[PDB]
Engineer: 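Model shown: Non-specific protein-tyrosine kinase + dasatinib.
We're numbering straight along the sequence, starting at 1. Whatever order the structure lists them in is the order used to number ligands and atoms, beginning at 1.
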Amino acid sequence: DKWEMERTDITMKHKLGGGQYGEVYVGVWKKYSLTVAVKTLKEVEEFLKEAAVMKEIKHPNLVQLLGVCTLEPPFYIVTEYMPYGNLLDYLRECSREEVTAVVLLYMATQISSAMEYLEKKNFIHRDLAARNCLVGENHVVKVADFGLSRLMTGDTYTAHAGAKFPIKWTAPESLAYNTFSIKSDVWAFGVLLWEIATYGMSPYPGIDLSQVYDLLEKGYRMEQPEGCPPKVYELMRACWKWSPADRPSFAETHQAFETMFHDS
Ligand SMILES: Cc1nc(Nc2ncc(C(=O)Nc3c(C)cccc3Cl)s2)cc(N2CCN(CCO)CC2)n1
Ligand SMILES: [Zn+2]
């Protein structure tokens, strides 16, 4: 676009995460001594859809695009580099004396502020999870993995038939009828919050995948994690209302966390 770069501006240092689809590297942009992350693929417009969505989004809590290389293979997307990796591994491995309750709360305020931004732009993410969040210094958390993100035309996006999703993060109307909406991102946010409050447990632990929809339909929701405040649990419960209209908006979610945050 106007976001092209010459391949030779960047030195690929080491690999961070390979794919069945494609791989991820850390590199240096010589011309500024800046560390960047570089995503790539081989044997286009899918990989590119992610590029196109990140062009349009500019919020301090969404991993920022720095450029692209998309006239010749290998094709590159380049972004700022998050030094402490994905949020899930960060939670599982941190010092709990260093990440307190108040840090966990801060992390959630950041995420709700990125989604507040994206809801107003009418983008859906479609893969909210703690594995798809990235961490930086000072406990900056940034939302990432935008490869299923889409600008919606109205209020619902329907994915193709035959399309399979991570069950424990996906809203029931999405599992039943394949319908995504901002409200289905709300649900996954809920599930993300519980991953945070538990320092990185797996959702529905010890429940067969095959039973989740049904359990849900008959009323079951995950329980309050140990140490999690009532109001944060009630918020996380509102995210899981069976009816998408009944769930909160990301404005409201953001409002509730900023408020809790300032009151500590
Ligand atoms: C897998 C991984 N990513 C890291 N940082 C990233 N920054 C930006 C990344 C990225 O994916 N951006 C991006 C997005 C969001 C969309 C399209 C295209 C692109 Cl390019 S990935 C750090 C890291 N860690 C290795 C383990 N170490 C543990 C010690 O704490 C520390 C570092 N591992
Ligand atoms: Zn707000």
Engineer: Which instances in the model belong to dasatinib?
Structural biologist: ligand 1
Engineer: Taking heavy atoms under 4.0 Å, what residues and nucleotides bind dasatinib?
Structural biologist: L16, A37, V38, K39, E50, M54, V63, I77, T79, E80, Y81, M82, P83, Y84, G85, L134, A144, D145
Engineer: Using a strict cut-off of 4.0 Å, indicate which atoms of dasatinib neighbour a heavy atom of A144.
Structural biologist: 15 (C)
Engineer: Can you tell me which residue and heavy atom of the protein come closest to atom 30 (O) of dasatinib, and the distance to 0.1 Å?
Structural biologist: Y84 O, 3.7 Å
Engineer: Do me a favour and list the nearest non-hydrogen protein atom to atom 3 (N) of dasatinib with residue, atom name and distance?
Structural biologist: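 Of the protein heavy atoms, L16 CD1, 4.1 Å lies nearest.
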Engineer: Of the protein's non-hydrogen atoms, which lies at the shortest distance from atom 23 (C) of dasatinib, and what is that distance?
Structural biologist: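 Checking every protein heavy atom, the shortest distance to atom 23 (C) of dasatinib gives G85 CA, 3.6 Å.
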Engineer: What protein heavy atom is closest to atom 17 (C) of dasatinib, reported as residue, atom name and distance in Å?
Structural biologist: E50 OE2, 3.1 Å
Engineer: Starting from atom 21 (S) of dasatinib, what is the nearest protein heavy atom, named by residue and atom, and what distance separates them?
Structural biologist: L134 CD1, 3.9 Å
Engineer: What residue and atom, counting heavy atoms only, is the protein's closest point to atom 7 (N) of dasatinib, and at what distance?
Structural biologist: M82 N, 2.8 Å
Engineer: Which organism is cited as the source of chain A in this PDB entry?
Structural biologist: Mus musculus
Engineer: For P83, take its heavy atoms, then give the atoms of dasatinib lying under 4.0 Å from any of them.
Structural biologist: 31 (C), 32 (C)
Engineer: Closest non-hydrogen protein atom to atom 19 (C) of dasatinib, residue and atom name please, with distance?
Structural biologist: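 Protein heavy atom at minimum distance: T79 CG2, 3.6 Å.
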Engineer: Find all protein N or O atoms under 3.5 angstrom from an N or O atom of dasatinib and list the pairs with distances, or write 'none'.
Structural biologist:
{"unit_1": "dasatinib", "atom_1": "5 (N)", "unit_2": "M82", "atom_2": "O", "d": "2.9"}
{"unit_1": "dasatinib", "atom_1": "7 (N)", "unit_2": "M82", "atom_2": "N", "d": "2.8"}
{"unit_1": "dasatinib", "atom_1": "12 (N)", "unit_2": "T79", "atom_2": "OG1", "d": "3.1"}

